[PDB]
A.B. asks: 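Novobiocin + Topoisomerase IV subunit B, experimental structure. Questions below.
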Amino acid sequence: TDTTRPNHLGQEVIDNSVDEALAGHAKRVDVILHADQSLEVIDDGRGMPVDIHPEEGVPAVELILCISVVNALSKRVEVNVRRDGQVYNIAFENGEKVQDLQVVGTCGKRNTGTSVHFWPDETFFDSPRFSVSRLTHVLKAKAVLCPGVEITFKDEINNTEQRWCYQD
Ligand SMILES: CO[C@@H]1[C@@H](OC(N)=O)[C@@H](O)[C@H](Oc2ccc3c(O)c(NC(=O)c4ccc(O)c(CC=C(C)C)c4)c(=O)oc3c2C)OC1(C)C
């Protein structure tokens, strides 16, 4: 992972969302660059499984995040999963789970998906600023290579919003 800036980190989180679209489960991926320079990636896929992983004995989502690159390079990572009518939440800080998986709400059974919100640890990057032009260029190409998915990008730092969808 490149540490010139947090873009590559974001693209890896975006790729996990797009993989759900490519598999035919997600129809939309939303990316939001927050005012505090944190990035949030939301998809309407199946939702990162929250049931126990046999070998490890911990929620699959907890395990995936624990070993993820976002967790390693972010001072904070908050994940919300919509699955089976339930909204599960879990968070890590400085690389450590600071909030066990827990049901924070309910939702429609058909409303599934995952939200990954992370705050890069500025100490690991030459620059903590996200390169917007680079983020949008890669996203657009992503929309192109995954026909049918609607990709939106909301920039709350430069106050702009865009959406792209390539039907075929
Ligand atoms: C970083 O997590 C990624 C996902 O990222 C997002 N945003 O959804 C996505 O890329 C992909 O997500 C998958 C990949 C495979 C299945 C999949 O095979 C499912 N089918 C099941 O019936 C199932 C139900 C519960 C369960 O614990 C598992 C196995 C666990 C896995 C695949 C982590 C499978 C399912 O419900 O959801 C899935 C999901 C959401 O792979 C992950 C979990 C590594």
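We count residues from 1, following the sequence as given. What you see below is based on every heavy atom in this structure, not just the backbone, and it leaves out hydrogens, waters and symmetry mates. All ligand and atom numbering here is 1-based and tracks the order in the structure.
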A.B. asks: Specify the chains or ligands that represent novobiocin.
C.D. replies: ligand 1
A.B. asks: What residues, by chain and number, sit within 4.0 Å of novobiocin when only non-hydrogen atoms are counted?
C.D. replies: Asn16, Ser17, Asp19, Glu20, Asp43, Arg46, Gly47, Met48, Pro49, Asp51, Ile64, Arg83, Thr114
A.B. asks: What is the residue-and-atom partner of novobiocin in a covalent bond, if the model has one?
C.D. replies: none
A.B. asks: Which organism does the PDB entry associate with chain A as its source?
C.D. replies: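 Per the PDB entry, it is Escherichia coli.
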A.B. asks: Tell me whether atom 41 (O) of novobiocin lies less than 4.0 Å from at least one protein heavy-atom position.
C.D. replies: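 Under the 4.0 Å cut-off, atom 41 (O) of novobiocin has no protein heavy-atom neighbours at all.
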A.B. asks: Under 4.0 Å from atom 19 (C) of novobiocin, is there any protein heavy atom?
C.D. replies: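 So atom 19 (C) of novobiocin has protein heavy-atom neighbours under 4.0 Å.
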A.B. asks: Atom 11 (C) of novobiocin: protein heavy atom closer than 4.0 Å?
C.D. replies: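 When distances to the protein are checked, atom 11 (C) of novobiocin has a heavy atom within 4.0 Å.
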A.B. asks: If you count the atoms of novobiocin from 1 in the order shown, which ones are under 4.0 Å from a heavy atom of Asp43?
C.D. replies: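 Per the distance check, 6 (C), 7 (N), 8 (O).
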A.B. asks: Taking distance alone, with no angle check, do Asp19 and novobiocin share an N/O pair under 3.5 Å?
C.D. replies: no
